[PDB]
**Student:** 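I'm staring at paromomycin bound to 16S Ribosomal RNA rRNA and have questions.
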Amino acid sequence: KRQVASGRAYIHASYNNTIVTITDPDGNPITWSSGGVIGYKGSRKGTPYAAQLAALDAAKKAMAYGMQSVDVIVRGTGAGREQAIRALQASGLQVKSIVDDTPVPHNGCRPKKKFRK
Amino acid sequence: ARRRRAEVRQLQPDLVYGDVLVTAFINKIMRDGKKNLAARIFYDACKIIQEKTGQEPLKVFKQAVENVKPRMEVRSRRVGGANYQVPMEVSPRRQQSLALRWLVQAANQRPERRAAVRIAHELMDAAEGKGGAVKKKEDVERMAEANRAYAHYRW
Amino acid sequence: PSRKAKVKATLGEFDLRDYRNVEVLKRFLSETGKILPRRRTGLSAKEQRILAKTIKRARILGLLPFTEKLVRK
RNA sequence: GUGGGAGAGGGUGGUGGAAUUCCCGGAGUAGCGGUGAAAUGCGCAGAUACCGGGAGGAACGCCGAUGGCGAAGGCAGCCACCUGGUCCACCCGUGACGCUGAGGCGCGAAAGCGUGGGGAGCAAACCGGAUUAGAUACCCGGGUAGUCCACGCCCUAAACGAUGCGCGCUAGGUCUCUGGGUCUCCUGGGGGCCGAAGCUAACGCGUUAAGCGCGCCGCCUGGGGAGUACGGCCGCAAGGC
Ligand SMILES: NC[C@@H]1O[C@H](O[C@H]2[C@@H](O)[C@H](O[C@@H]3[C@@H](O)[C@H](N)C[C@H](N)[C@H]3O[C@H]3O[C@H](CO)[C@@H](O)[C@H](O)[C@H]3N)O[C@@H]2CO)[C@H](N)[C@@H](O)[C@@H]1O
Ligand SMILES: NC[C@@H]1O[C@H](O[C@H]2[C@@H](O)[C@H](O[C@@H]3[C@@H](O)[C@H](N)C[C@H](N)[C@H]3O[C@H]3O[C@H](CO)[C@@H](O)[C@H](O)[C@H]3N)O[C@@H]2CO)[C@H](N)[C@@H](O)[C@@H]1O
Ligand SMILES: [K+]
Ligand SMILES: [K+]
Ligand SMILES: [K+]
Ligand SMILES: [K+]
Ligand SMILES: [K+]
Ligand SMILES: [Mg+2]
Ligand SMILES: [Mg+2]
Ligand SMILES: [Mg+2]
Ligand SMILES: [Mg+2]
Ligand SMILES: [Mg+2]
Ligand SMILES: [Mg+2]
Ligand SMILES: [Mg+2]
Ligand SMILES: [Mg+2]
Ligand SMILES: [Mg+2]
Ligand SMILES: [Mg+2]
Ligand SMILES: [Mg+2]
Ligand SMILES: [Mg+2]
Ligand SMILES: [Mg+2]
Ligand SMILES: [Mg+2]
Ligand SMILES: [Mg+2]
Ligand SMILES: [Mg+2]
Ligand SMILES: [Mg+2]
Ligand SMILES: [Mg+2]
Ligand SMILES: [Mg+2]
Ligand SMILES: [Mg+2]
Ligand SMILES: [Mg+2]
Ligand SMILES: [Mg+2]
Ligand SMILES: [Mg+2]
Ligand SMILES: [Mg+2]
Ligand SMILES: [Mg+2]
Ligand SMILES: [Mg+2]
Ligand SMILES: [Mg+2]
Ligand SMILES: [Mg+2]
Ligand SMILES: [Mg+2]
Ligand SMILES: [Mg+2]
Ligand SMILES: [Mg+2]
Ligand SMILES: [Mg+2]
Ligand SMILES: [Mg+2]
Ligand SMILES: [Mg+2]
Ligand SMILES: [Mg+2]
Ligand SMILES: [Mg+2]
Ligand SMILES: [Mg+2]
Ligand SMILES: [Mg+2]
Ligand SMILES: [Mg+2]
Ligand SMILES: [Mg+2]
Ligand SMILES: [Mg+2]
Ligand SMILES: [Mg+2]
Ligand SMILES: [Mg+2]
Ligand SMILES: [Mg+2]
Ligand SMILES: [Mg+2]
Ligand SMILES: [Mg+2]
Ligand SMILES: [Mg+2]
Ligand SMILES: [Mg+2]
Ligand SMILES: [Mg+2]
Ligand SMILES: [Mg+2]
Ligand SMILES: [Mg+2]
């Protein structure tokens with residue numbers, strides 16, 4: 001029961017799952033959802049539909065706090081990124097900005113064998 | 001049809017109502033090339049529609065057809081070594097073929113004694129939203145959109 | 001193919017070796033913090049080579065950024 | 001010699017930002033992770049995602065390229081100090097002082113060895129989970145050596161242009177790097193592509209020769225046995241010659 005009414009909607013997409021974290025303007029989270037919060041268990045969590053449901057459940061959780069405006073911040077390349085965007089884009093929440101903050105190193109660490117070359 | 005588009009056949013009009021949909025239904029009733037038996041069945045059933053319903057049997061016919069047509073269906077696809085049930089839309093003609101075929105396949109599962117009775121009772125039931133045909137449409141549209149996760153495998 | 005504009009012909013007389021001249025080095029960075037290639041800058045081999053090092057020099061000082069967030073995506 | 005140019009050439013000290021991991025605080029809830037699908041694993045001692053702070057190890061995104069440097073191996077954030085090679089103009093000086101090079105000596109990717117530090121991520125071995133007919137694997141979760149640092153060893157390689165070094169001669173067209181100049185263009189060094197003559201078994205090479213010539217070194221002599229055995233020299237060992 002905070003009555004935020006404006007905040008930041010983080011989107012963490014990956015080829016395995018898409019997870020939405022909705023925060024106050026300072027960045028502290030209020031509620032959240034993901035593919036596993038909804039009944040999806042296995043690989044289905046990495047779906048654009050699973051993402052859509054996750055972002056909608058996040059937006060509906062945040063409506064209970066009476067939030068209206070969000071700034072969206074996407075991190076990670078992966079399915080359901082743009083579908084979670086479009087889920088929030090008309091979720092009832094007004095999207096004030098979309099920003100891609102996907103972290104890239106400056107050749108910092110050695111990736112797994114999976115990601116080499 | 002690998003080369004051309006396989007154009008559709010144009011059906012002769014109904015000899016009674018002058019409607020191609022009626023004649024298509026007769027042809028889905030036909031069996032071992034018995035046209036007269038299928039039309040005898042169907043028309044004897046149109047007389048059953050009346051004096052039970054006070055409406056023109058043609059209206060009941062096309063209305064039940066409309067309530068059986070599906071909007072979604074699930075088609076398989078071989079992906080990543082496994083096989084997936086993928087929803088997608090139903091082309092209009094396919095909604096036609098599937099609704100009519102289902103109507104016949106439902107009527108012949110009914111317990112009424114003779115054919116035209118089964119056909120009349122199924123046409124009426126499906127017109128008001130019940131009966132085995134509409135259960136086929138509901139089962140299929142249940143299948144589709146239960147796989148919404150695979151909606152991106154449309155093709 | 002970068003037919004929109006070239007940055008050099010979008011600029012007049014300037015010193016490639018000025019690490020402290022921001023309002024010009026700014027013009028050579030992208031929408032992200034990244035250093036533009038010769039497609040956009042229109043510099044030459046030697047020119048882009050030197051401008052690179054003066055931009056890095058400027059980045060250490062906190063005048064130009066190392067990276068930025070992408071807007072509007 | 002003089003005066004200018006270009007460069008990830010080398011050593012030492014210093015230093016900057018991104019990311020990973022970990023620790024602390026805040027907020028917050030039922031999962032996260034991962035796959036073809038899974039499972040192990042992690043999470044109610046509150047994880048994942050999110051904000052703030054902090055520690056540490058490693059590597060330097062864009063620039064960056066068909067680019068540059070180096071004898072080779074190899075060299076990439078930035079600053080400074082020390083230091084090597086090279087290129088051009090000027091025709092200034094020495095006066096054949098040249099070339100090659102058995103042995104020698106020095107260098108020499110990775111992996112590996114000794115001591116001591118360090119250890120974030122990755123990861124032989126190994127421990128699990130899967131898959132399979134089996135699966136001492138490919139896939140997933142972990143993880144030791146190692147990868148990093150100083151010092152000392154080791155001396156190998158598809159150490160490759162699979163092409164020893166030097167010098168002269170032999171059509172051009174074009175792209176590029178870096179000089180000089182009467183700066184449409186002329187002229188020098190380097191890297192590319194196509195091609196004259198020519199050569200080659202062919203493939204292809206062709207002013208960056210695999211063409212035409214001279215000088216000197218290294219090397220080959222049918223396949224297997226075999227880079228083995230023996231001897232010797234080297235090495236802490238692995239092993240090398
Ligand atoms: N060598 C380090 C680099 O030096 C660069 O600059 C280098 C070059 O631009 C510059 O060139 C010089 C110059 O005096 C002029 N252009 C001609 C001269 N022969 C060159 O000097 C050259 O020869 C001497 C030995 O005679 C070497 O000690 C020196 O390293 C070499 N550059 O000398 C500098 C030192 O080599 C940049 N500072 C940077 O890339 C880096 O620090
Ligand atoms: N530090 C700069 C470089 O250091 C080199 O060697 C340095 C490093 O290899 C060595 O380790 C340093 C040291 O501060 C201490 N032991 C730990 C520290 N994390 C290291 O410093 C560096 O380590 C690695 C490279 O090794 C870098 O990737 C990293 O940016 C940096 N933290 O310490 C040496 C200096 O004391 C060379 N001197 C030269 O390349 C250059 O000056
Ligand atoms: K760990
Ligand atoms: K690297
Ligand atoms: K090259
Ligand atoms: K010039
Ligand atoms: K070739
Ligand atoms: Mg997943
Ligand atoms: Mg049926
Ligand atoms: Mg250097
Ligand atoms: Mg905490
Ligand atoms: Mg457990
Ligand atoms: Mg509890
Ligand atoms: Mg426990
Ligand atoms: Mg974490
Ligand atoms: Mg932090
Ligand atoms: Mg530690
Ligand atoms: Mg590159
Ligand atoms: Mg060379
Ligand atoms: Mg070379
Ligand atoms: Mg090489
Ligand atoms: Mg003279
Ligand atoms: Mg004289
Ligand atoms: Mg010599
Ligand atoms: Mg020798
Ligand atoms: Mg070595
Ligand atoms: Mg090593
Ligand atoms: Mg060691
Ligand atoms: Mg040790
Ligand atoms: Mg230790
Ligand atoms: Mg340890
Ligand atoms: Mg690991
Ligand atoms: Mg592993
Ligand atoms: Mg195993
Ligand atoms: Mg098998
Ligand atoms: Mg040990
Ligand atoms: Mg090599
Ligand atoms: Mg090679
Ligand atoms: Mg060559
Ligand atoms: Mg070469
Ligand atoms: Mg040669
Ligand atoms: Mg050689
Ligand atoms: Mg010589
Ligand atoms: Mg040339
Ligand atoms: Mg080269
Ligand atoms: Mg050729
Ligand atoms: Mg010829
Ligand atoms: Mg030919
Ligand atoms: Mg020659
Ligand atoms: Mg030999
Ligand atoms: Mg040999
Ligand atoms: Mg023999
Ligand atoms: Mg042999
Ligand atoms: Mg051997
Ligand atoms: Mg022996
Ligand atoms: Mg011994
Ligand atoms: Mg052995
Ligand atoms: Mg021995």
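In what follows, chains carry the letters A, B, and so on, assigned in the order in which the sequence lines appear, proteins first and then strands, with residues in each chain numbered from 1. If you're wondering, the header gives X-ray crystallography, 3.5 Å. Remember, it's 1-based here, ligands and their atoms both numbered in the order they're listed. Contacts are counted only within the shown part of the entry, which is not the complete deposit.
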**Student:** Could you list every ligand or chain that corresponds to paromomycin?
**Tutor:** ligands 1 and 2
**Student:** Counting heavy atoms under 4.0 Å, which other chains neighbour paromomycin (ligand 1)?
**Tutor:**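 By heavy atom, the other chains are D.
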**Student:** Which residues in other chains are near paromomycin (ligand 1), meaning a non-hydrogen atom under 4.0 Å away?
**Tutor:** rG4(D), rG5(D), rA6(D), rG7(D), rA8(D), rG9(D), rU83(D), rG84(D), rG85(D), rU86(D)
